[PDB]
Structures are given as C-alpha cells and as structure tokens.
There are 2 protein chains.
Amino acid sequence: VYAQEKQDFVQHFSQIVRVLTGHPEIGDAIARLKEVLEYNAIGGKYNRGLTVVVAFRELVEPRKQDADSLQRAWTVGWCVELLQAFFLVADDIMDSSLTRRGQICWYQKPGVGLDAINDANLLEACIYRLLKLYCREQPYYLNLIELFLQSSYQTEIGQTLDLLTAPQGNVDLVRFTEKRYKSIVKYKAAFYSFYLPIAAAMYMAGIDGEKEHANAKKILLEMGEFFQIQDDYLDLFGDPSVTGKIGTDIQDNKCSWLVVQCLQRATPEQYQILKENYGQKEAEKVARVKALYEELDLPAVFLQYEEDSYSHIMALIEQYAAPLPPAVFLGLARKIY
Amino acid sequence: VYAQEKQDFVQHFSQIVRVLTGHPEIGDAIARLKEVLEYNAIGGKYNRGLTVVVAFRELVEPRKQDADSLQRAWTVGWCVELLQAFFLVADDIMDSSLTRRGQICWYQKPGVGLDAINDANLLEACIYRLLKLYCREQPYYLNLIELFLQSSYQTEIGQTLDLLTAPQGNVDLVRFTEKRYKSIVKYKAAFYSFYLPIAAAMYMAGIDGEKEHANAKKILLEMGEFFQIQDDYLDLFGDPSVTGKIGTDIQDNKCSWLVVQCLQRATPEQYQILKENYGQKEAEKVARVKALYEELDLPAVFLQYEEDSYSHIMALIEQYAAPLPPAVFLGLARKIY
Ligand SMILES: O=P(O)(O)C(O)(Cc1cccnc1)P(=O)(O)O
Ligand SMILES: O=P(O)(O)C(O)(Cc1cccnc1)P(=O)(O)O
Ligand SMILES: [Mg+2]
Ligand SMILES: [Mg+2]
Ligand SMILES: [Mg+2]
Ligand SMILES: [Mg+2]
Ligand SMILES: [Mg+2]
Ligand SMILES: [Mg+2]
C-alpha cells in the first residue's frame, strides 16, 4: 500500500518546494527556506505523510479521487512531514543530539547553530501556507487547520513533560514512574504520529463525526504509545546505521521506558549503580547503565512487550475500526511492528 | 485612550491564565506554562495588545460593544501579546541577549536554557487555544487564525533575513545596504507590530474588505518601519533602565539602521575603523564603533529622521485613513512617536 505510492509522494516534494519558493527582496530568505526544507524534511521513511495518502485512497470513493483531490492528499501528507521536521529540528537542539536520518543534526552544521530555532519555526509556518494554497476552498479547511494546531499543542505539552522530568545534572530516580511515563508518551508522540495523518484523511473524506474520530483515536493513541516505547528501546539497543541517529537518553537523564522498567526490576545495589551513573556525559557511566539493562534482560522484556502490544492493538482494531475499512489500521500496524 | 483601558486589559491576564490552566496527568506542564506566561508576557508596555481593544472600541458601534464582545477584544489583545512573547523568547536566544523588560532573559535563567525553545512554541500554541475558546462561533474566526498565521510567517521571513545578513564572526560591510535594511524591517517588524492588532480589531468589527485592509497596511507598515529604526537606535543610544534590555547589535554583526547610516557617511579611514571593530565581543571594539557613530552625528541624523518620518506618516493618515476614524492611527502615532 505504502510501497509504490512512496515514489509519487517523494516526487511531489519538488512541487511543494516550487510552490513555497511578495517581491524578490526576500530572495535570500526563500533560498534559506529551500535549504531548510531539503535538509530537514528529506531522508526519513515518510510513513506519517504516506499514511494521509494511503488512508485518503481507502476512505474516499474512487470517482471522487480526481487529480486535484490527489494533489491535496499529497500536500496534506507533506504538511504532516513538515510538522515532524519542525519538532525534530527543535528537539535535536534541546536533547543535545549529534545525528538525525544518517547526517549531522541541522543545528550542529557549521554556520547554522541556534539560527535553527527560526528555521524550525519557518517549517511550521510552511504547513499553514500549504493548507491555504491547496485547501482554502475545501469544506474541511478549518478542520485541518484546527487539527494541525491541536496536534502541535498536545506535542508541545508532551515535550514540556519530557523536559521537566529530565532536568540536566539532577538525578532523581523517584520521578521516573510508570504513570509519569504513560503521560509523557501520550502527549509528545501518540497524537501527532498516527492520529494526525489518519484524522486528516478522514476530514478530507468528509468523515468529521466525533464518535468516528474518538474510535480511531482509541486505536491510534495505543499505536503511538508503542512507537515511543520502541523509540526509547532503539535509543540504546538500536543499530544507528538503521535508526540514522545516536542515542542520548541516558546522558540526558530522560524518563525512558528502559529506566522505568529497570527501576521496577532493580535490587537496592542495582538501584545505587543506576543512581551513580544515570544522566551523565561519561561514556564509562553510560556503559554501566547499559550493562545493568542487559543484566535485567530489558531487551527480552521489550520483545515480550512488543508481542503483547501487537495483540492488544489488533484486539482494538477488531473493536473500534468499524465503519472505517480495517486495512487503514492494519497497513499502519504492519509498518510499525 | 490607552491609559485607563490599560488597567482592565492587564486585569484580564489572570482570566487568560485561568482559562489556559485533559486530565491532571499534564499538571506539571500546565504549571510550567503558567510560569512561562507570567515571566514572558508580563512587564512590557502592552501597546500591541491594547491597540486591539482601543481600535475595537473605535470601530464597533457602542450598542454592539456588549460584555462578551469586550471579553473577546481583550483576549485577541492578549493573543497579540503572546505572539510578541513567542518571538522575543526565541529572538533573545538567537541574538545572545542578556536582559529583557528589566529582568534576565528567560533562556538565561538558571535551569531554563535551551528548554526555552519549547516554552516559546507553547506561547505560540496558546494563541490558537484562546481564539478557539473565545472566538470559535464568531464569523471572523477564520480571518483571525489566518491573520495570526500570516503575521507569524512574515515575521519569520524577516528573522531569516536578519540572521542571514548577520553571520557571526563574518564581517562583510558590503552586505549592509539601504535596500537590504528596508526589506529586513518590513518583514520582521512592520506586519506583526501595528498591522496585526488593527487588522484583528477590523475583522472583529466586520471590516474585512481587501482595499480597507490594504489602505490601513500602507499607514501601518510605514509606522512599523519607523519603530524598528527607533529600536536599532535605542540598542546603542537608549537608556537600558527605560528600554529594559541590553543592546547587542554591534557585537552580533547586525544590519542595524545605525551601521547603514554610518556606511553612507564614513570616509575610507572611518570605514576601516568600522571594518576592524564591528561584529565583535570586545567592549573596547564596541566602544570604537559607538565613538565613530557619535563622530558622524548619527544621534542628530536619527532625530531628523524621526521628524521627517512623523510628518510622512501623518500625510499617509490624511490620504489613507478614510473610512476608518483617523483617531485609530493618531492614538498609535502619539504612543510610538
Ligand atoms: O528522535 P528522538 O529524538 O529519538 C524523539 O522520538 C523525537 C521526538 C521529538 C518530538 C516529539 N516526540 C518525539 P525523542 O522523544 O526526543 O526521543
Ligand atoms: O527586542 P530587540 O531584541 O531589540 C528586537 O526588536 C526583537 C524583535 C524580535 C522579533 C522580530 N522583530 C524584532 P530585534 O530585531 O532582535 O532588534
Ligand atoms: Mg530527541
Ligand atoms: Mg526529545
Ligand atoms: Mg528518542
Ligand atoms: Mg533581539
Ligand atoms: Mg533579533
Ligand atoms: Mg533591537
């Protein structure tokens, strides 16, 4: 479903850049915007943006899937990729990360630095520019603006919770609880990751019912929770040649799923080893935390969690998919699991 | 007009915080949002936010100025103050500034640092939260969302131009031209400063005509240009106990109105003195640039410019105010001149 549709979606990016790139006085700023778009919105798997297009084609009647409607689906897809690019550029600064999508983080590039804050804001502004340029005369225009703005607010509340729970050089393991973890992931990852692209396709298809959006959200928020838990696992146990990024969760004192699982399994001595080595820059201290995680068999605990989560989401698809075609959620589940 | 209306406007901030402050799981994030709002949206002159309220009362018929309409005017006023707070928090980071509104910059506060990037994003999100909570059922709802989003995009293009023209440790005086300066100020300051609050009051009053908005923009963009030129002057020649902020334009290699005026008046020897001392941290080098500016009588050049600008804007009010009451623009001109 995502496979052949990927080519046409990635090919549509050049049009998005052309349409986004009022006198020649702002020429140097438009060139900088092009540079920011090319560096930060290209190189990923495009799964969020592709989900708009795939879901659009499964929800809209083929007679209504005209050339202009497809153009709008691809643009709304790229709007979701731009929301993602805005949050990642800012998150890389705030998490002091080194690489993203197999290249150095935009802010780490010589000559960029903290100018990346405004670049991230420009990426966010491009979304509403594209929605006006392509969807202004559509009946779902306000639904889409409100959806992107709401997704941005919920993600930012999540980021606030993430940063509050991880104060630099302030190790407080008591703060790292299961309830706190579930709250962080729900807001920072679950709304914008899967609910935003499906909801966008739903509004474009004329599906604006409250109960239909609530039912889709019940499946999608659980898939978003799994996705962030997997993200936390891959921060330490993933192959950076596959993830395209270097992990910083232990160094940054994050309330990771791994530290939460460690804490509910650690002995008082193991707890002390974690206490002495967590939230610190020293490679040797980070290695001690990873050693403790491997000793507590957190990779096998995660493998069991992935299996239990998959079955749970599948049970939710059976309960809540109707009247939407279950393929909408199944295609997405196959992509993230 | 602004004087007695200031009290009711500032008193309405506690309501805005209460309405903005969905389970208790995000409680710590809401407390952080309250902290960010109190530190970054309070302490200024509130002229932009007050302009919405003052213009609303002068454009709307008194019979239609009911208790609920006034509540919406105050909220839209505070939305403009929040847009300003979002841009200033990020601009202080990017300009490496020390103080703002008589206190240390939010990002310079111990324990905040680069977390301020997400805080600035939350301030921007609060705008659209308030517009939905108070103006969702109003006929001008979409006009206001589009206005705030457009103002944000234009401001960001301006910031891009500002940062591009000021690369750190890269002194290139040839880039500092009058045409480049006019382009920067137009985008980064003129749209969001005066056009945004008057346009908001205009849409709330049912004034949505293209020609009426274009005529108001012709007056207001010129007032915005003056305001940024005055801002650049006060960066070096203003009293920080009145401005509430320490100047960084010379240290940051900015395309200031002062450097542009210096360049069109400097001898080849004076040009070399500027070349050797501009865009550098050293207090002695900054003092040499200020000495050169004082030698070229840039404070008197600015005083003449303020006089010529005032008369020009007044001539524009005579040409373009109609059918709006000229008091709308006169009250604003008395406040900034
Ligand atoms: O890519 P990362 O950086 O691993 C992340 O998932 C990026 C991200 C950014 C913004 C919102 N949610 C997740 P994080 O939470 O910082 O681990
Ligand atoms: O307050 P400042 O910092 O003097 C400024 O006017 C703040 C500002 C921020 C964003 C957009 N326009 C002006 P700047 O341009 O950096 O001189
Ligand atoms: Mg990160
Ligand atoms: Mg992060
Ligand atoms: Mg991560
Ligand atoms: Mg500044
Ligand atoms: Mg600045
Ligand atoms: Mg300034």
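Chain identifiers are assigned alphabetically from A in the order in which the sequence lines are presented. Note that chain A is numbered according to the PDB entry, with residues 9-29, 34-349 shown in order. In chain B, numbers come from the PDB entry; the residues present are 9-29, 34-349, in order. FYI, side chains are in, hydrogens and waters are out, and symmetry mates aren't considered; it's all heavy atoms of this structure. Ligands are counted one by one from 1 in listed order, and the atoms in each one are counted from 1 as well.
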- Item | Recorded drug name at ligand 2 | risedronate
- Task: Report, by its name in the PDB entry, the chain making the most contacts with risedronate (ligand 2).
- Result: Farnesyl pyrophosphate synthase
- Message: Could you check which other chains have a non-hydrogen atom under 4.0 Å from risedronate (ligand 2)?
- Response: B
- Message: Can you walk me through which residues contact risedronate (ligand 2) using 4.0 Å for heavy atoms?
- Response: B/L100, B/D103, B/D107, B/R112, B/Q171, B/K200, B/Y204, B/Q240, B/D243, B/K257
- Tell me which other ligands or ions sit under 4.0 Å from risedronate (ligand 2). ligand 6 (magnesium ion), ligand 7 (magnesium ion), ligand 8 (magnesium ion)
- Message: Closer than 4.0 Å to some heavy atom of B/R112 - which atoms of risedronate (ligand 2) meet that?
- Response: 1 (O), 2 (P), 3 (O)
- Which Mg(2+) binders in chain B, per UniProt, sit with a heavy atom less than 4.0 Å away from risedronate (ligand 2)? B/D103, B/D107
- Message: I'd like to check which risedronate (ligand 2) atoms, numbered from 1 as shown, lie under 4.0 Å from a non-hydrogen atom of B/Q171.
- Response: 10 (C), 11 (C)
- Looking at B/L100, which atoms of risedronate (ligand 2) are within less than 4.0 Å of one of its heavy atoms? 7 (C), 9 (C)
- Proximal risedronate (ligand 2) atoms for B/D103, defined as those under 4.0 Å from one of its heavy atoms: 3 (O), 7 (C), 9 (C), 16 (O)
- Task: Using a strict cut-off of 4.0 Å, indicate which atoms of risedronate (ligand 2) neighbour a heavy atom of B/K200.
- Result: 11 (C), 12 (N), 14 (P), 15 (O)
